[PDB]
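Presented below is an entry in which one can find ixazomib (bound form).
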Amino acid sequence: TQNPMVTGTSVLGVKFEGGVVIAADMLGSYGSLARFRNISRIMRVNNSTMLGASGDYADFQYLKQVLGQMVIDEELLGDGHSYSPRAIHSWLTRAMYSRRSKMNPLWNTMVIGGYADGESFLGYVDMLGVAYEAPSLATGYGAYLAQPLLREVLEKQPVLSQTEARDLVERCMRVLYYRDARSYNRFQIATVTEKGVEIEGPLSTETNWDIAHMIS
Amino acid sequence: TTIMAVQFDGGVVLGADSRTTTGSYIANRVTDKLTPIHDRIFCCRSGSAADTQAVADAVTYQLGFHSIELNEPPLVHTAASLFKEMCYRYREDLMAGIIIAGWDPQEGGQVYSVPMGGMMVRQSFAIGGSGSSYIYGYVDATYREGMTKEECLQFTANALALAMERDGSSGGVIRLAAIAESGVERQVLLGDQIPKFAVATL
Amino acid sequence: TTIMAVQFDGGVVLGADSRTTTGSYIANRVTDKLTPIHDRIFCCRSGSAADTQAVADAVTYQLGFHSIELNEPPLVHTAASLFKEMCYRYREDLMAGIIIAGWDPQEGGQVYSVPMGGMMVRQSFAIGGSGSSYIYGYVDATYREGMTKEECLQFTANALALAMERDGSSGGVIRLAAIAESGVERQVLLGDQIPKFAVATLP
Amino acid sequence: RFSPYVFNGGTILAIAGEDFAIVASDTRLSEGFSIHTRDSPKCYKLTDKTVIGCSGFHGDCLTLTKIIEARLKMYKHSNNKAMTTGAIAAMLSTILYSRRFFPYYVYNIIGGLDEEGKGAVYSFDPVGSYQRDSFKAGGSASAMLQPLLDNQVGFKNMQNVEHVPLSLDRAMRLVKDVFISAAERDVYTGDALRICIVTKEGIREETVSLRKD
Amino acid sequence: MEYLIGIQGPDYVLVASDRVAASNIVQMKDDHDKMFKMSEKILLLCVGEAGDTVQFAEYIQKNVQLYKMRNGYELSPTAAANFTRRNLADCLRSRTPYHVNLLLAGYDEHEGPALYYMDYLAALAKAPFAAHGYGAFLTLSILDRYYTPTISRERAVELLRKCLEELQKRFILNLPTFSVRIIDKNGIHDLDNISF
Amino acid sequence: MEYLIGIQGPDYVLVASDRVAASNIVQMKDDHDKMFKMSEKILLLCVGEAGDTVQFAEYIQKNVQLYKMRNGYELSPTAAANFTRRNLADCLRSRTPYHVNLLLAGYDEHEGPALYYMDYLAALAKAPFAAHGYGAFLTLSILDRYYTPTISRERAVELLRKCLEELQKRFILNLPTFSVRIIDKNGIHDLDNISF
Amino acid sequence: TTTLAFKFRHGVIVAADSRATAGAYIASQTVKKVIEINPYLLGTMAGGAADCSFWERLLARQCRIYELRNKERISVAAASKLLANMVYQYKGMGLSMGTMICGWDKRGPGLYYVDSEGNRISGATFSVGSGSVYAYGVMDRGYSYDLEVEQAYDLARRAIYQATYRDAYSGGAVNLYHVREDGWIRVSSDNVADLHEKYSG
Amino acid sequence: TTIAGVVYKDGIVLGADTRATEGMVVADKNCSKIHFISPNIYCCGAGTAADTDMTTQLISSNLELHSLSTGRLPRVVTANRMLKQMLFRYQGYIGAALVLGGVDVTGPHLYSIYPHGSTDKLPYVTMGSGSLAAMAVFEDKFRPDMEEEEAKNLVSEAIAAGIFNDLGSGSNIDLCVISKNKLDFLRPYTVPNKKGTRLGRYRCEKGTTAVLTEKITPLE
Amino acid sequence: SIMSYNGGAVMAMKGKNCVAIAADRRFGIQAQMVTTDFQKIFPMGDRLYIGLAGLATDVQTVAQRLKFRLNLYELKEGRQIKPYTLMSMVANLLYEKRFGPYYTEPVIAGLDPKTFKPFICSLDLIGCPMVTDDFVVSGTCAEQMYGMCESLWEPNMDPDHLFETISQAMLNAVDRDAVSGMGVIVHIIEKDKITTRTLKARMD
Ligand SMILES: *[B]([O])([O])[C]([C][C]([C])[C])[N]C(=O)[C][N]C(=O)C1=[C]C(Cl)=[C][C]=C1Cl
Ligand SMILES: *[B]([O])([O])[C]([C][C]([C])[C])[N]C(=O)[C][N]C(=O)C1=[C]C(Cl)=[C][C]=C1Cl
Ligand SMILES: *[B]([O])([O])[C]([C][C]([C])[C])[N]C(=O)[C][N]C(=O)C1=[C]C(Cl)=[C][C]=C1Cl
Ligand SMILES: *[B]([O])([O])[C]([C][C]([C])[C])[N]C(=O)[C][N]C(=O)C1=[C]C(Cl)=[C][C]=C1Cl
Ligand SMILES: [Cl-]
Ligand SMILES: [Cl-]
Ligand SMILES: [Cl-]
Ligand SMILES: [Cl-]
Ligand SMILES: [Cl-]
Ligand SMILES: [Cl-]
Ligand SMILES: [Cl-]
Ligand SMILES: [Cl-]
Ligand SMILES: [Cl-]
Ligand SMILES: [Cl-]
Ligand SMILES: [Cl-]
Ligand SMILES: [Cl-]
Ligand SMILES: [Cl-]
Ligand SMILES: [Cl-]
Ligand SMILES: [Cl-]
Ligand SMILES: [Cl-]
Ligand SMILES: [K+]
Ligand SMILES: [K+]
Ligand SMILES: [K+]
Ligand SMILES: [Mg+2]
Ligand SMILES: [Mg+2]
Ligand SMILES: [Mg+2]
Ligand SMILES: [Mg+2]
Ligand SMILES: [Mg+2]
Ligand SMILES: [Mg+2]
Ligand SMILES: [Mg+2]
């Protein structure tokens, strides 16, 4: 892709004790047009790993196709080795760098969440092959609006329960709906734990419009 | 932005969404885009926030002075002509898509469009801003001659809700105003009060 | 262009305007933008006339061969995937906004959007082309779950008529098709048969 | 105009002693006016005797360090010994030049022990020009660090000062001070300072806190 | 392309300039003079864009002469250099900037000899020697190598000659002849041209 | 910037070229030779872009020599000029065009003397006299004025000298010395350099 | 950068400064700009640091292969031509290199200028780099084929020094070499701040 | 820059960071971004530093002329009109992005003012390169009618969110609290960042620096 | 960059009851040094100096036009200008050219003409003032200067120690900058005297 077409906005991620949660709205925007209002931007990769994608949705679909086939191929062998969240993150890093280095990027920014061997994994990969790990992540406008909130909570309390991480993600999704002109109030939350990957939705946040009467 | 106004027998209904954007950042989620120009004359503003506020302030000034000199309420057509004169003259330096609507004792309820470029045309109803694209078909199919005030309010709220759902540059709350001889009635639809249409699941 | 398709229980309805333009010259006022890809699978075409014709011809060929090999009617999802694969791979060289709709015995009536860029998504109803901007509101307000075939035909004709009135790039006649297990039924609305809504003149 | 580069910040430093080498970096990873993470160090262990610092475009930092890792194993396999510090440096020059027409956007400094056990520092430009130095700063705050090192390690512009050998404990003090000064003024340098001390006993690690704004 | 050089000794300033006026690939004049007499003990040497050079130099010249007529005595070299500067700087951001590079040479009864350098941006520097043009690139290091503050006038003419011979040898342009003048307590003296 | 000139008489061709190799504002060599011996009775004179000029001239030279070794006799001037042209033209729309301008001078046992002109586009013209370089602008009219087809070799050297003097007088570039050679039935003869 | 070289009765003097720059940032004051290709051949560097070092190292490799294959020292002409032919292919791609190849072979003292624009020329004296115009002035006013050895060292040293003074992109130290019939020798390395103390109008 | 304001029960709280940058280099660690307009009106500035300084000084001065003449305390609406009409006239070339807050006869009022001359009257606003970080804090925690200490807590948290997440922001948090009864100009309010302490000493004794020339000139 | 055309560096620094101001001495045009004694620091008072780095022509014009204003100010008022007031005067002069500025970024160093309290500041090219309690820097090696100043400067230094610190900060900073140097000048300002020194410095 040279020119993204239908795109998705922010993806959030935060580690908790026993797992990771990611969130993304269900909107594919076409410029300013909220065109496709019911698409999932989250993928279950395998039992330990999930992926969320911002940017060009067709490029995301292609990655889903490629990565889904790679896990199938590995499952065919039935040999006791599975791609860890970290391995998938590495593979993605290479794939994005390689596409960048041919001047033909996949136009996406992604969040990989996982749980393997008692460790939570959260990692970021962008269209240029920039990748890293962190206790919380937020792409797009999420980096400006969500991430400050995530990091401020994580400083007062680095270890969050599942229900605390989930309340915190809901608060961030609300702020994004207030302040990002490409968001939509219909989202999914995906969780990975010991038990595997669960994707919930469609979800909505409550909103408050009291300020409409305080033109102050 | 999405803006709209509709004539009824004895008055007008105006509406707007409430979103101000810089890029895709929402700088104000509860903007009041319906601005009083005189006691029974409003403008709905779309385009540049700075340009439309400056022009509205200047026309409020001109119209107020004119009205004191004549010692009578101003004509809605006069307010519209003042907008037009300024938007046409400075069309190369302004980005302003305006609807002027109000009531006067000579011609009753009136709606005027002053789109970008500075032409002026009277209409039964007018829509403007970026979100208006998404509701041409809706309003063309739904408009009926002889609607009551209450039907005009419903028609306007529905149209604006549909536009706000689809236009990234529109959103927030719906602000409505009704103008008639008896005065101006303003209200806000927020949250669950905004008309709702289901997303189409398989 | 305005194109549209709608699922009903047992099939699909498709529609298109009939206008081909170069600049603001109408090079064809009665274009057929709904093209058969197999017995019960059509595509509606918007964007570049050359690109969409080439891609439709190539898919027809791929799907026809696939269908003989399998000795079974093709899946609508397969036709859509073939369109997608070609529209995604060549997204930098194509201007094609496609709707794939049809019937097969496994999944019944189905509608797929393949917009520019080459994503694919199944929908209850789809709209595309330049004129589709003007009917988002209309379709969002008017769509009802569980519409009959005849209601889907009326809904489609109304939507297209509204778009054609407003979009300079859409116009002419409305071409409709209904696809179901029993086959394909095609018709044209022209002149006075096109739904009409008054221009809102001053009281 | 897709751009294949972005600047992600980062300051690197190395110092050669008589029987040690220091490679230090801040741990901030930035982009635009944002911080990606506060815990992304710019140093990578190559052998027991050699550490490399890399800053610049992080996509290239990651790729290049993975290429270096693969080439060290290849060298060991064909030659039956670990690559020396000097050979790593000469190799890296060639890897950087292979991209002369689409460069790695990376500033590299190698710190390690040479074959007599003495400290060795090699500094590089992005396309592979290099040389051996006594000390060197690189990256975002290099222009802030280098003059102080010139003065205090090189003894430049000072009269009537004994040119003593650089102890480990003075070099450490210097390292911490220059980073604390850089964090004051370079918006990209912050969060934490990571120090690797290479000696004949191995490689040890200190970390010190830096300003978070 | 134009060459100017100045060398200031203890009680004189020596100056020289090429005598070419060129256009496209031809020398159109081989006896051109780039020096303007401002006063009995002041030369302005001016190069740069066509039209701007004469218009600027002559304006300054006429205004320096006017000062003399109004006041009965002359501007000092330093005052003339600063006057020149103020005009050039004041025009820099105007509708009529002058694209000129200059040396100003002078002898003052009380300050002695002075050489001033100015570029088109109107930065002014006093210097013991200086040069303008592409030719300066090949000759300034010859001046750094051999100049001393007490250089006699015979040795300054020799040093000048070394610079001019270096242009013959090494410079791509055909600059075969140079105007030479000296300023001292007794005014402005024409020396013989240095030719090749 | 580089000057080539050729003058063809009844039984000889006289050629000359400047001896400057320049870079930016400096002459870096003053005894440069722009002539390549292709055979006993053929000179190729080549100017143009750095790298292209020598690579192209030497490729041709080697191939002309190779023809001699394969065949036992030499290419004629005409055949060498056409070979030269084919190569230049064939490269013109390739990935490796050569930006060179050339004279080819020769004496053939049966056709007599010949002078050929070629530009970088690879247009080839036979001519009784010709020149390349900016210098050509100032000298071609001198050749049109005084050349005759029966010009003797002594008079051709004088005419050449008038052209070179005109460059000294009127041309903006410093070209102080020239290589001179003459080709006849007895081969290639070096004449004295014409220097200033 | 300022580099220079000249042939004279006693061989070839080769000298350079030692500054590198990244824009106006001084990146080093200790660059070795004279490369030892073999014990009878030197190359100088000016332009792009990576380009010069890569291509001159490659020249060194090739001269050594040549010597192994042919059982004789490569000539100065041949070495300079190997470099010219290697860089020619890259014209227009933005290589920046200006080199002197300096030796003593069966034709005696040898000196060739070679650059990334495609020039290759023999000559008696050259200076290359951003400070070359300054060095040319001093070198030219002092040069003679019949310079004594120590006079020649003095000239080279002074010319580079004067270039460091005028040219913002030249500085550090003066590094001086002498190619003699039995090999080059490194003559001296003098800091420009120590040379300033000493010199000399 | 991160600047912000909030309307609380009894007034206005304004906030700001104290970093100024030139390129991506900190030029001032302790820049004062909360500007006096009148005894009851202050104005935070973001954008081009000379323009925020000069624009607020000019309007403060013209407002002083206005109040001297009326004998009354100025109104916030007045500062707003004056600032916006000037910024509109300059078409966005005066790069002042402002948070204007005060308390007047009609009570507390808060406005954000943009360089092209648009203004929005709102109960909480933010500007600068850290404005989204500070806005996220406000959306998450603002309540109407907060008490004084709650509102101060909230504005400092919002400024802190800019300081720590925005490379254009840093150093201290300054506040200004304005009510009918009081003006508290709290500079600094908080010092969340500090230079580390120096581990070595570079106390260079006399004669370390070689000297070429010296001249003493005695004064009175 | 317009500001690197002539190169140059200035800095000022505060001690106990004293201030220091320093500058390189190079006047050059791009790569070419033209002179090595170019004045960049100018007396605006007995105990108040302004240093200007940037485009040499504007260094000179801003110094001169500032002097014009100051002289008129002093004749009209009773008195020597205060340091803070000079800053403001300079701010006003620069901002008048907000839409076609002088390309110079001055530093001011002085003692209050009545109290002798230390004052230092700098301004940007359009007149934004910055007062500090330690040091200020301006020129083409600002980053180098920041690095030296941040590492060396300490509170309440005596005249001898302030001299050493400003000197070492300047010399080492300019030694990493191709278009600054060729000499450094330093003025120490005390109640009772001004001390002016040129430093031993690299000349490449
Ligand atoms: B609507 O046309 O989308 C809306 C209507 C205005 C009248 C409120 N327009 C905008 O939001 C356009 N935005 C701006 O003019 C703007 C706002 C801000 Cl906060 C800063 C810069 C700009 Cl250019
Ligand atoms: B519709 O998208 O407006 C319509 C649909 C096509 C599929 C029939 N598209 C066009 O009319 C676009 N026009 C062309 O591609 C065209 C037509 C002609 Cl006749 C000549 C050149 C071009 Cl580019
Ligand atoms: B000299 O030509 O001025 C010098 C010669 C080399 C051999 C050192 N050249 C340079 O200093 C040019 N600079 C660089 O090539 C360079 C580039 C970059 Cl991207 C970073 C650092 C340096 Cl040093
Ligand atoms: B903040 O908006 O990022 C801040 C506000 C000012 C009031 C401190 N702005 C900046 O730091 C932007 N920088 C400057 O205006 C500036 C520009 C120039 Cl050209 C020189 C110096 C400074 Cl301090
Ligand atoms: Cl959808
Ligand atoms: Cl999934
Ligand atoms: Cl508004
Ligand atoms: Cl409009
Ligand atoms: Cl409009
Ligand atoms: Cl909104
Ligand atoms: Cl039609
Ligand atoms: Cl077919
Ligand atoms: Cl589409
Ligand atoms: Cl479409
Ligand atoms: Cl060295
Ligand atoms: Cl070989
Ligand atoms: Cl040669
Ligand atoms: Cl000498
Ligand atoms: Cl207002
Ligand atoms: Cl003035
Ligand atoms: K919306
Ligand atoms: K139409
Ligand atoms: K920092
Ligand atoms: Mg095509
Ligand atoms: Mg910060
Ligand atoms: Mg002009
Ligand atoms: Mg070529
Ligand atoms: Mg405007
Ligand atoms: Mg320097
Ligand atoms: Mg130098």
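Here is the naming used below: chain letters follow the sequence lines, and residue numbers restart at 1 for every chain. Side chains are part of it too, since the values below use all heavy atoms of this structure and drop only hydrogens, waters and symmetry mates. In each ligand, atom 1 is the first atom listed, and ligand 1 is the first ligand listed. This depiction is restricted to one part of the PDB entry, and every contact reported falls within that part.
Within the model, the positions assigned to ixazomib (bound form), copies included, correspond to ligands 1, 2, 3 and 4. Structurally, the greatest contact with ixazomib (bound form, ligand 1) is made by what UniProt calls Proteasome subunit beta type-6.
Other chains having non-hydrogen atoms less than 4.0 Å from ixazomib (bound form, ligand 1): B, H. Within the 4.0 Å cut-off (strictly below), no protein heavy atom is located near atom 23 (Cl) of ixazomib (bound form, ligand 1). Short contacts between ixazomib (bound form, ligand 1) and B:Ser48, defined as distances under 4.0 Å to a heavy atom of the residue, involve ligand atoms 15 (O).
Close approach to H:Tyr114 involves these atoms of ixazomib (bound form, ligand 1), each under 4.0 Å from a residue heavy atom: 19 (Cl), 20 (C). In terms of protein heavy-atom proximity, atom 1 (B) of ixazomib (bound form, ligand 1) is closest to B:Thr1 OG1, 1.5 Å. At least one heavy atom of B:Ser169 sits closer than 4.0 Å to an atom of ixazomib (bound form, ligand 1). Nearest protein neighbour of atom 7 (C) of ixazomib (bound form, ligand 1), counting heavy atoms only, is B:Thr52 OG1, 3.4 Å. The protein atom (non-hydrogen) at minimum distance from atom 8 (C) of ixazomib (bound form, ligand 1) is B:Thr20 OG1, 3.6 Å. For chain H, the deposit records the name Proteasome subunit beta type-7. Atoms of ixazomib (bound form, ligand 1) found under 4.0 Å from any heavy atom of B:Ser46 (numbered from 1 in listed order, with element): 2 (O). Ranking the protein heavy atoms by distance from atom 21 (C) of ixazomib (bound form, ligand 1) puts B:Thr22 CG2, 3.9 Å first. Taking every non-hydrogen atom of B:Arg45 and a distance limit under 4.0 Å, the qualifying atoms of ixazomib (bound form, ligand 1) come out as 7 (C).
Atom numbering of ixazomib (bound form, ligand 1) starts at 1 in the shown order; those under 4.0 Å from a heavy atom of B:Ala27 are 19 (Cl). Of the protein's heavy atoms, B:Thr21 O, 3.6 Å lies nearest to atom 14 (C) of ixazomib (bound form, ligand 1). The list of other ligands and ions under 4.0 Å from ixazomib (bound form, ligand 1) reads ligand 7 (chloride ion). When only non-hydrogen protein atoms are considered, atom 10 (C) of ixazomib (bound form, ligand 1) lies nearest to B:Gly47 O, 3.6 Å. Looking at the model, one finds a covalent bond between ixazomib (bound form, ligand 1) and B:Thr1 OG1. The deposit names the source of chain B as Homo sapiens. Ixazomib (bound form, ligand 1) does not have H:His116 within reach: every non-hydrogen atom of the residue lies 4.0 Å or more from it.
From the protein, the heavy atom lying nearest to atom 15 (O) of ixazomib (bound form, ligand 1) is B:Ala49 N, 3.0 Å. Other-chain residues and nucleotides with a heavy atom under 4.0 Å from ixazomib (bound form, ligand 1) are B:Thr1, B:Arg19, B:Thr20, B:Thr21, B:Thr22, B:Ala27, B:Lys33, B:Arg45, B:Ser46, B:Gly47, B:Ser48, B:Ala49, B:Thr52, B:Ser169, H:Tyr114.
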